Amino acid sequence: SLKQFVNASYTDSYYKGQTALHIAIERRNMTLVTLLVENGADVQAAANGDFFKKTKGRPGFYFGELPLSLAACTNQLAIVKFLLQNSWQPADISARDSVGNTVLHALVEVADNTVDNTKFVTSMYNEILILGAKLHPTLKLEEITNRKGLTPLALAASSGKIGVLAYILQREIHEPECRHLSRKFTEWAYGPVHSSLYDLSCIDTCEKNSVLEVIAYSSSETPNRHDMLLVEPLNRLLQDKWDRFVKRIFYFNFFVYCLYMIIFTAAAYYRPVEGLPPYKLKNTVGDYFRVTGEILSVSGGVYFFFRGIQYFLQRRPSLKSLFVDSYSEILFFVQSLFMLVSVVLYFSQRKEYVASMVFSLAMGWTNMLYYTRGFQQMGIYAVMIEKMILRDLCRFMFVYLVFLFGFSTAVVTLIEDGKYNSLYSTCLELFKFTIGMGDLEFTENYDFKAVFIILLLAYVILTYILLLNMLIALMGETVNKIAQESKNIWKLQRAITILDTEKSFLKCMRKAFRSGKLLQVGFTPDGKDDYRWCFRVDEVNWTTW
Amino acid sequence: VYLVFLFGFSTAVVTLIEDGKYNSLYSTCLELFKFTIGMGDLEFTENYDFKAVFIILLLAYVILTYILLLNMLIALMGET
Amino acid sequence: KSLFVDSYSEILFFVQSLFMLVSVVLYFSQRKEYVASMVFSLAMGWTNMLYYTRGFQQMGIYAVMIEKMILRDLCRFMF
Amino acid sequence: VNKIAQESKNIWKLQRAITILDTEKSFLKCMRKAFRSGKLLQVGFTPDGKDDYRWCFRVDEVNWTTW
Amino acid sequence: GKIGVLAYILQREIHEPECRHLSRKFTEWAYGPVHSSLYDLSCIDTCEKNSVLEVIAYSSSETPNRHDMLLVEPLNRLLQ
Ligand SMILES: C=C(C)[C@]12C[C@@H](C)[C@@]34O[C@](Cc5ccccc5)(O[C@@H]1[C@@H]3C=C(COC(=O)Cc1ccc(O)c(OC)c1)C[C@]1(O)C(=O)C(C)=C[C@@H]41)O2
Ligand SMILES: C=C(C)[C@]12C[C@@H](C)[C@@]34O[C@](Cc5ccccc5)(O[C@@H]1[C@@H]3C=C(COC(=O)Cc1ccc(O)c(OC)c1)C[C@]1(O)C(=O)C(C)=C[C@@H]41)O2
């Protein structure tokens with residue numbers, strides 16, 4: 001017999017499932033592939049060994065485990081065609097690997113956004129779609145989800161393969177019986193002006209993996225998550241949503257937060273000065289206003305506390321994403337914690353509630369900067385502040401604190417039985433040099449005046465003259481390199497705001513779902529018409545008349 | 001941005017201070033602004049409880065405005 | 001010349017050790033000036049903590065830039 | 001600072017190299033695991049009939065052109 | 001500090017019979033786009049006296065490219 005011989009395959013766990021057809025495809029040998037398929041080789045054989053998985057800690061090459069995906073992933077179009085439409089055994093274009101990935105999922109996987117890789121991966125994606133429609137008009141490959149529930153578009157969005165996404169979202173196919181696979185259509189074109197229509201299926205809303213939701217709620221490890229929202233339909237859609245729906249709601253929330261902080265400010269400012277809270281309410285107008293302000297302040301704290309919980313549960317950040325991103329959410333949550341601890345101490349009859357309350361109050365005002373997103377100038381400014389705090393201020397503060405503590409310990413050792421003679425006071429006196437208030441003769445309680453003055457001059461040169469001016473130089477370097485990155489992060493922050501606004505929505509309004517339900521093709525594989533909620537974009541071009 | 005930070009920390013500090021000389025938004029705002037021109041006293045009052053909280057607030061203000069924001073302003077004017 | 005134009009860190013650690021040893025000698029020679037040496041060791045010791053910022057990508061670059069600033073711009077400016 | 005970015009990267013790498021060398025020379029435990037990369041047979045055909053084992057270092061690379 | 005010649009030598013590969021053994025870079029397997037090179041490491045990691053890493057790292061500061069030579073592929077990957 002031949003059926004057992006031709007289909008023999010490796011049994012070891014490292015190369016498990018690899019057979020002769022895989023080898024022939026790998027070696028780019030068309031004749032051997034043809035011969036093996038002719039002799040009854042199984043075109044569905046899954047090479048699922050450890051070598052054929054992602055497995056970043058070991059060598060390997062994941063391609064989707066199937067001969068069709070192997071041919072596709074290696075830029076062999078002829079073999080793809082042959083495998084799909086040979087006489088003896090056509091391949092199952094919709095087959096799935098152990099991960100649930102199809103050929104198209106694999107093509108997304110191998111993409112890495114380089115020009116030469118991206119060009120052919122996009123081309124192979126296109127050709128596979130054409131052949132799928134011609135072989136199986138009733139099949140919808142792009143709607144098949146892997147074991148993680150991701151469609152190829154969702155996988156491209158989450159993995160950050162900007163090239164493939166940029167191809168898919170404006171894919172247009174100009175021929176009969178493949179028009180319906182298009183996502184970008186041209187409705188009319190009068191002079192140089194022409195009105196394109198983008199599909200917006202699974203961009204605006206879907207079951208789970210809307211493209212906007214996938215990009216915005218990325219795990220911060222996606223490579224190009226800042227750059228992907230520059231892909232044409234997405235940016236124009238976000239701007240439209242902002243202007244039509246969300247600009248007013250965001251401004252309203254900003255106004256409300258302003259009022260809340262004014263109330264909190266007034267309530268804290270006029271606190272009573274007797275000891276031992278809680279304080280008996282007096283039957284007078286001013287005290288009624290005061291207690292009203294206190295109640296509203298605590299209520300707002302509770303609101304932000306529960307909002308922070310809802311954010312944590314919805315995003316489930318994995319204990320690094322909880323901190324390396326979602327800066328603003330953590331800060332708002334910490335404000336709410338300080339408010340709540342203030343309440344608890346207030347009723348537990350401790351004056352230390354004041355210590356918590358002010359930390360809330362100060363923090364509350366600084367979180368006003370959260371609302372500088374949604375302004376092109378100020379949002380960029382606030383983003384740059386955040387990046388400064390995270391990079392340059394942290395590095396500087398480590399080095400500065402090493403120098404400060406070193407010279408502080410030296411000076412306090414040299415000082416003997418004086419007023420300062422302690423790490424705390426000496427640290428304050430040395431820090432005062434940084435703010436331009438160093439006495440430079442703050443004590444005489446020593447021997448060896450020369451040693452003391454040498455130490456202080458060394459400190460002053462190293463921190464005041466060297467380090468601070470170096471910090472200014474470094475921040476100057478930084479802003480020169482984070483202008484455009486700041487623009488992209490601002491756009492991303494506004495996108496997140498838009499998504500959260502649509503999710504909250506507070507009025508059960510369906511006007512959030514924009515762009516109108518238009519007829520694109522009117523000719524699906526069956527006789528029905530397709531309405532696909534297109535988004536209209538008008539363009540003008542002075543070439544290609 | 002500076003006025004947001006200034007008013008936030010002024011309101012915090014003036015809340016923490018109790019029945020002292022300053023004890024007002026005007027005097028405290030002036031006293032915190034004095035840090036920007038390199039004249040911050042850093043011990044301008046003792047009329048409080050919780051010295052540690054007061055010092056933490058002032059050092060936070062100083063870092064955020066004097067060290068971070070002014071140097072950032074110089075960087076941005078350089079870019080502009 | 002190579003003893004000074006490079007091996008910056010090695011010189012600094014050696015000088016810390018010299019200050020410690022002079023501190024010991026003065027301490028047992030019944031001179032109070034040992035304190036003067038000890039603090040110079042102590043201060044210097046803490047600053048030599050920056051030696052270990054190599055082996056961290058973003059911090060080691062920062063420490064190297066400090067060294068280059070000290071050698072070029074701070075020296076010319078101080079003259 | 002605008003001119004010593006890349007130079008700083010190279011000097012950082014060199015300083016880490018110095019650290020690595022000094023560490024392997026001190027080593028404090030008489031451990032031979034410091035000598036890495038495994039003794040592989042490269043060619044197996046020297047000018048004589050003997051095989052050559054040359055302690056190679058393995059580096060994997062991917063290229064999407066030149067198929 | 002002759003970075004050019006060094007960069008040539010360390011990844012020298014000769015594709016013909018009876019000169020394979022002179023190579024220092026070899027290709028073991030290449031499956032798809034993925035391929036596994038082997039660099040010799042004789043006289044680089046360790047040797048009698050003049051290991052390449054020791055020679056570069058302990059340069060006299062007057063070698064022109066002492067910073068740049070460790071960017072050559074096998075050396076940087078080995079150090080990492
Ligand atoms: C990064 C963390 C979460 C942080 C949380 C609190 C404690 C915070 O202290 C810091 C540590 C610190 C302390 C003092 C100076 C700088 C940094 O910085 C921030 C954090 C530091 C900030 C920096 O200012 C901002 O971040 C405002 C802001 C900017 C951009 C935003 O997108 C934003 O979203 C809400 C908020 C302000 C403080 O909350 C503040 O006003 C007080 C009293 C302390 C600051 O910890
Ligand atoms: C360059 C020489 C060897 C030097 C040796 C001593 C005396 C030193 O004074 C200097 C002269 C000086 C004095 C005051 C301010 C700047 C410079 O600078 C360094 C040297 C200057 C330094 C500068 O800070 C550093 O070098 C820390 C450091 C950074 C990077 C490194 O790779 C490093 O390797 C250990 C150390 C700190 C001092 O040792 C210090 O803390 C005291 C008390 C004096 C500084 O002489």
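Just so it is clear: chains get the letters A, B, ... in the order the sequence lines come, proteins before strands, and each one is counted from 1. Values reported hereafter were calculated over all heavy atoms of this structure, with side chains retained and with hydrogens, waters and symmetry mates removed. The displayed model is a subset of the deposited entry, and contacts were enumerated within the subset. Atoms within each ligand, like the ligands themselves, are counted from 1 in listed order.
The molecule at ligand 2 is the drug resiniferatoxin. Other chains within heavy-atom reach of resiniferatoxin (ligand 2), distance under 4.0 Å: A, C. According to UniProt's resiniferatoxin-binding annotation of chain C, the residues with a heavy atom under 4.0 Å from resiniferatoxin (ligand 2) are as follows: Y8(C), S9(C), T47(C), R54(C).
Heavy-atom contacts of resiniferatoxin (ligand 2) within 4.0 Å involve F403(A), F407(A), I461(A), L462(A), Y8(C), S9(C), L12(C), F13(C), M44(C), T47(C), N48(C), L50(C), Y51(C), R54(C), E67(C), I70(C).
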